[PDB]
Amino acid sequence: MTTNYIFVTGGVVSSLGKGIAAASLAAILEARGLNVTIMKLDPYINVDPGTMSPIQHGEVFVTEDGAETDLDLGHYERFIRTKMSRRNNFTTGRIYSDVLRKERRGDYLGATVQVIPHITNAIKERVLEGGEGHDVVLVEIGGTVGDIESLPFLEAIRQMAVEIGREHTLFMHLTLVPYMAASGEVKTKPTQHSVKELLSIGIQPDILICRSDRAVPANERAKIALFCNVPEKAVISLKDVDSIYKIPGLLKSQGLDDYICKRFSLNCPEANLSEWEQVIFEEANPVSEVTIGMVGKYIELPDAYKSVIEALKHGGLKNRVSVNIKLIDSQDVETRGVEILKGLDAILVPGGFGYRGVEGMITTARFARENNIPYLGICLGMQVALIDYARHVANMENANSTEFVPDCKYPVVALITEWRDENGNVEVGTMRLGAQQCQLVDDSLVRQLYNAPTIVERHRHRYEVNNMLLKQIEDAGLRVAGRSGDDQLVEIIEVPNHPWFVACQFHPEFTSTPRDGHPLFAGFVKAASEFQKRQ
Amino acid sequence: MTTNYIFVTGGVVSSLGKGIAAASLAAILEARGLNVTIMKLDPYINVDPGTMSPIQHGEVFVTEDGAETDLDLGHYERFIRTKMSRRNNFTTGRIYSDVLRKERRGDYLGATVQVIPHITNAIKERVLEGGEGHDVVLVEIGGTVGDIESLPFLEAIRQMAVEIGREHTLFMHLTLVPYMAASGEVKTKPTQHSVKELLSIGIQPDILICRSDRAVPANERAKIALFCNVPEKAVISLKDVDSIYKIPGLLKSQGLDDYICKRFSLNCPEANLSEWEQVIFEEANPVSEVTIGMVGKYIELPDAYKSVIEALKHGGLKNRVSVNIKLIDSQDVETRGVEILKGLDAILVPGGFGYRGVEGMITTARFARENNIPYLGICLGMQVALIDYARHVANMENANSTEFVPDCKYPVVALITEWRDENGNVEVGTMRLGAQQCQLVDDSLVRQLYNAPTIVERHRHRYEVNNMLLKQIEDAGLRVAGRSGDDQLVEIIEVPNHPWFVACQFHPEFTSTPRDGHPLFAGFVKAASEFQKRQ
Amino acid sequence: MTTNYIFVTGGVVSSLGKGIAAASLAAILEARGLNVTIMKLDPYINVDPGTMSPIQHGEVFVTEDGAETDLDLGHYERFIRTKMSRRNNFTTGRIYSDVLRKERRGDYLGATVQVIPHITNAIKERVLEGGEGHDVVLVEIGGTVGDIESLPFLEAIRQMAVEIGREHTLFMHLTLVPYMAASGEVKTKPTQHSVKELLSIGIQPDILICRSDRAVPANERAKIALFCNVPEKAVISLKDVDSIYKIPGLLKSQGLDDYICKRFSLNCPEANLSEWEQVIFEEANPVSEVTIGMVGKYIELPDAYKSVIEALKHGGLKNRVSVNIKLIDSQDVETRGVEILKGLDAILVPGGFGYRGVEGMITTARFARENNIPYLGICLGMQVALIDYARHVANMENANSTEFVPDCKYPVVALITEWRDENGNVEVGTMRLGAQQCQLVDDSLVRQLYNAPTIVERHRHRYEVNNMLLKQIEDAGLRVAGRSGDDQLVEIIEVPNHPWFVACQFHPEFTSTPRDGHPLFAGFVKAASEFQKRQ
Ligand SMILES: Nc1ccn([C@@H]2O[C@H](COP(=O)(O)OP(=O)(O)OP(=O)(O)O)[C@@H](O)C2(F)F)c(=O)n1
Ligand SMILES: Nc1ccn([C@@H]2O[C@H](COP(=O)(O)OP(=O)(O)OP(=O)(O)O)[C@@H](O)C2(F)F)c(=O)n1
Ligand SMILES: Nc1ccn([C@@H]2O[C@H](COP(=O)(O)OP(=O)(O)OP(=O)(O)O)[C@@H](O)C2(F)F)c(=O)n1
Ligand code: NA
Ligand code: NA
Ligand code: NA
């Protein structure tokens, strides 16, 4: 049984929600019992997003195998239960890096190395590597058709369609159908022009996904069909929705999955979207409303905390609570004080690097601890929680991380190599990425929530809890809730004289989904609801 | 059984021989017992070529039904036995004229008349009119893909393909694969770029006909296939050939007809190209060689006399004579004299309008008559022969046509409505177009050549033989060999004291084919051979 | 005074002679006293041609500074006296390698690295780096407009034109104007379509260079001007020529350099092409004809020996001898013997790597030595000359290079590190690239020819003459003619019991020009003429 490919392209504009559309379609196909996966081809030159700023790119998503990937793989894992790996995301940078190394080494045997066939072959190889052994592979092409950056990807998939054959390949193209106030009509002209552009590259689209701020009526869909060599039933309306969880239903409603199953000769039962219907229901029917403050340094781009924002949303679903997420610049806490943290039912400090706004986060963790306001700290959120406690409870003056103040007396957070005590005494592979097992301390808040002794979560951090200064903070009342490895590194801390205070080193947001939620975020949003009642 | 359409387009350059290629492919399909026709879509604004100079776009071809058409319909009739009519040729001018007519009187009922759907509908309607009731319809699109003028034709046939279905429609695209001396290789890049241009208008070609001055090798055909979404077997080499009669064989040897019959699900036997093999054999195995002078006013563009040139070649085939056609400017006969008519084994004066170079043709007819050199006069060629005899034998000094000298004493050639005698006395559907019956005189040369009392030949002329001055020329020894209609108009004249001197009003070149030849031209070339032997 | 840029692009096909056209125009501009340079932007992914096979790419050209570059820089140095360096040639591979290293390091400070601005900025930087400090910079863009591979280069130079301003930038675009036999006309349609393609990328061409097998007449140039927004005087005909040395004259004849000087506001005297007129004259008026055999392993692509073929041509100019260059596969000498070396007035064995066909070259050097046939050996040509002599005169059985037979008893050629004697005894930065001074032995044939004690030539070789086995070959009659460095490496050898036998380690072909010739190649072709007389 041959692997089938759906090549997903975008026209007219970016910000179409190509990832969500691909993820939603994969959700439908998975709900028909098909083995489905998705991969993201990014046209940027970065070898991977490891070097990309949260404020410019958005969050670096981390897979089980510890790959640093586009945040779209977050969308993928939140819509299908197939696990993403390094094989599900690559950049132009990776491809050119691959080919350059093969070339300098001498693997091409004196050949002229060319965009075709050498760059295109490298792209095709990685697509087959990620795709083979599945029923359907959705291959999302980053960039916009008509731009320079995506042309090698478009040429590569054109070749793949011919080689594999059109019996097992489809081209799905997203376009913008914008509304004009003047005439009160949605416009098909950009779709007409975008399809000609895609054809000029050698690709006849099979399916058109028409993005608009409203439903694309039958007349406009018929016009698109007429001009684009596409049957009317293969022209799909995908309007702006109040919830992305509705998109699987909207696509199924227009028979998109039936068309795909027919084209690929797949006999599978009707999509059971009951789990998505349940999610849509939960979201539309909240009993309470809470305001949770996310206090961090990358707030000028919310996508910097994409998976965190979505994990809070999933916590809301499982408690039937509407979570009003307030983004509060941690630097504003330094400037204007803890008055901007007033009127919050809970507080979350997410991950980050660099000292800018960290003193604000330390002040925020203090305010949360002293006023019994529910707190969740992720990576840097655990660091500022340990610093706050060490500094203000265990009386370790100016206790900090070596990342921020390298020569500080009390480096409560530092690299395993840098570990020292207050007198400068020492003991007799630095970056941690991906899935690692963590042992939960018995009778701990997290042990209850996770409802198991051992959990698996994903790391992306360099700086650890200094084990040499740990005992002095433990004696001062702080509780180690979780540990991992032969080195017994601190994964989770708690403040037990508090309604809900948890802080973890790993990124729990990367394992949270709308359907299965997350124990930690469920507990956090519950505690936020309970706090809101007591006022 | 549904009618099948092959849309024949050209890329890179014009002058690819789109007509000869379509005609040659039609010849193969006809040899497999298929009911095949061809039609030409011309992007020029002329409502028809009736108002076009011969030196402009070539000869005006005339069908049986008296349609003035593109010379390509000459190629069609010389390659298939299916007769051409008005509905096998239309222009942009014709389409716009019909739509404007319908619009001005109010057929469109207050609608905005647009390129789509109104112009494209009109194009499709005329394609179905000429096509339906055949197995395979070849639709030649004039102009080059990428130009403005052919876009409405290309959009129209794109729509037809979708409507009729790809089960019964193919796109056959000719390109130039030019040779570069610098590198000693033929170049596929223009084909690559032309196919992207054709795709950008919404048409994926199914077959590529690669024109070059030599065979397009396997490597180049594979490269074209790789880049153009076309299977290797549908990439056809059409090199420059010494004889166009070989082209059906070249295309068949690459399985083009097999691919078409498979795609259209037509169960028909292998093509028997015996009739074309015979024509090729005749042409390659001549016994004698003759030089025939064609003395006219349009020699600067040979295609002005396309059908006449081919008729002479068909004459050669039937006699196993190799005909060297020497094009001689009739104005050079006026200036330099009969010196340039020496060394000719026969003389042909073809049709034309306007007085420029006519006196040279009259001088030429005289030279051919007085020196007993075989003479064939067509339309104007007959006028100048009558003028010659009237002026130099019947002693009617300054005898001319009213076309050239309206106020001449002896208008031996004039419109029926101008007919007057030498004293200015008179007697008591001006334009004659298409097939008309002609009665042949019992003791005439043509009666024995045609071997029938009545014949059918095609007219395109206004100015007739003046019947009022005819009997005076008849008494001077001129034979009337043929007449027609109620008004007994002179169709053929002969000089009986001469080896071979014939001149007709009609265009015998339009019914001459390479396979069936033509009685008159067969006779004329025989006389040219006989004259050559006697010298 | 601002540096002016002429961006030279190609359309329709490659193999237009973009390099020759750019080089020829630079020659004219240099002849007006302007400081002119040229650079080649190659779209291949190879970081440089160092790793490219001669049989696939052609020769690796070597500049003074020891850069391995496209053979086009050979054309540049043979048309202008400005010296080429690493700065005058770079690939897509170099640009992507630059950007990837900056990115991984962290030079982009967390930015998304994109084709625009990061790849385009890298291209612009290298163009400015090679261009600045000249009056006019010709920037040759490799690939064909309309292809994927050159788009980053085209976008980069589009930006440069806007930034620098159109007062100091011109776009010069080459196209093919092919001849069609059928109509007997050259076709402007590909030029029309190529200019639209270039405009679609954001570039309005200022100058059109029309390549054809004949002159492009005024009517066709006027048609190109009409459709392309280019004045008729900026549409240049560049027909196929029997000599590339004529091209400067043909371009000046059409005022190309006047237009450029006007557009860039350069007041400079009329181009003095006297040196080119002298070269054209010399070439057109040979007194003798010689047949020189070039016996090597890369003969299936003559461009593998591009600069060698041209150096022989320049030798012909300086002696007024027509050099008939016969390419003889050295492997055919192994198969069919020295019978295929019969009827040669001289023999040249050029550079190469690998053992394939080397035994044929050793046999060829023997035949040349024994029969007193003039011999020139370049790099591998010196190796096979030293091997032949050592093996057949000094009686060193199976004497070879360590490159070919690593464990041979007499490694007469080997790396400086590998150097051993016949008993395996040894003495108590391997690749040599670019200009190195060489000391010529007094009373040597080369000392006479070069007419100086010290010469500067360019190296590209790993394997040296083994100094430990040298004395035994010297005693056997062989003469060291040139040496270099502190290690006193053998640069040139001679056989003094021979009319003309020279072999050098360096590549003299890279310093040979049509105007100034080359002492060594002048001497070689002279000796070939003298040998031809004695028969
Ligand atoms: N390839 C094409 C397609 C169409 N048109 C012409 O496009 C014209 C209609 O222009 P509109 O109303 O702006 O476009 P719409 O298609 O209705 O798309 P929208 O949904 O954005 O309104 C017709 O005259 C035409 F003639 F149909 C054209 O000239 N060439
Ligand atoms: N769509 C395309 C197609 C090709 N190429 C690039 O085109 C380059 C080859 O250039 P050539 O030799 O002039 O083209 P050819 O295809 O061999 O066609 P011809 O038969 O006319 O010679 C490759 O580096 C490439 F990379 F393959 C490209 O960049 N984009
Ligand atoms: N952008 C354009 C340009 C031209 N044409 C149409 O192109 C037609 C002429 O077609 P040809 O004779 O093949 O082209 P040529 O320009 O003479 O170029 P060549 O030198 O290759 O012969 C006109 O009817 C037209 F109308 F002028 C067009 O439709 N759109
Ligand atoms: Na509209
Ligand atoms: Na090529
Ligand atoms: Na033309």
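Chains: lettered A, B, ... by order of sequence lines. To match the PDB entry, the residue numbers of chain A are left as they are there, and the shown ones run 1-428, 437-543. Using the PDB entry numbers, chain B covers 1-428, 437-543, in order. Chain C is numbered as in the PDB entry, which gives 1-428, 437-543 for the residues shown. Only a slice of the deposited entry appears, and the contacts counted are all within that slice. For the numbers below, each heavy atom of this structure counts, side chains included, while hydrogens, waters and symmetry mates do not. Each ligand, and each atom within it, is numbered from 1 in the order the structure gives.
Going through dinaciclib, gemcitabine triphosphate, varespladib, sunitinib, the drug at ligand 2 turns out to be gemcitabine triphosphate. Bound to gemcitabine triphosphate (ligand 2) with the most contacts here is the chain that UniProt lists as CTP synthase. Heavy-atom contacts below 4.0 Å between gemcitabine triphosphate (ligand 2) and other chains occur for A, B, C. The shortest contact between atom 24 (O) of gemcitabine triphosphate (ligand 2) and any protein heavy atom is with C:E149 OE1, 2.6 Å. For gemcitabine triphosphate (ligand 2), the other ligands and ions with an atom under 4.0 Å away are ligand 5 (sodium ion). Counting atoms of gemcitabine triphosphate (ligand 2) from 1 in the listed order, those under 4.0 Å from a heavy atom of C:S14 are 11 (P), 12 (O), 13 (O). Comparing heavy-atom distances from atom 5 (N) of gemcitabine triphosphate (ligand 2) across C:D147, B:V186, C:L151, C:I148 singles out C:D147 as nearest. The closest UniProt active-site residue in chain C to gemcitabine triphosphate (ligand 2), going by heavy-atom distance rounded to 1 Å, is C:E517, 25 Å.
In A:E155, neither the side chain nor the backbone holds a heavy atom less than 4.0 Å from any atom of gemcitabine triphosphate (ligand 2).
Of the heavy atoms in B:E220, none comes closer than 4.0 Å to gemcitabine triphosphate (ligand 2).
Residue contacts with gemcitabine triphosphate (ligand 2) for C:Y44 are absent, since no atom lies close enough (heavy atoms, distance under 4.0 Å). With B:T188, A:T120, A:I201 as candidates, the residue nearest to atom 19 (P) of gemcitabine triphosphate (ligand 2) on a non-hydrogen basis is B:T188.
Of the N or O atoms in B:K196, none lie within a sub-3.5 Å distance of an N or O in gemcitabine triphosphate (ligand 2). Looking at A:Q114, B:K187, B:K189, it is B:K189 that brings a heavy atom closest to atom 14 (O) of gemcitabine triphosphate (ligand 2). Binding site of gemcitabine triphosphate (ligand 2) at 4.0 Å, heavy atoms: A:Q114, A:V115, A:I116, B:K187, B:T188, B:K189, B:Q192, B:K223, B:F227, C:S14, C:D147, C:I148, C:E149.
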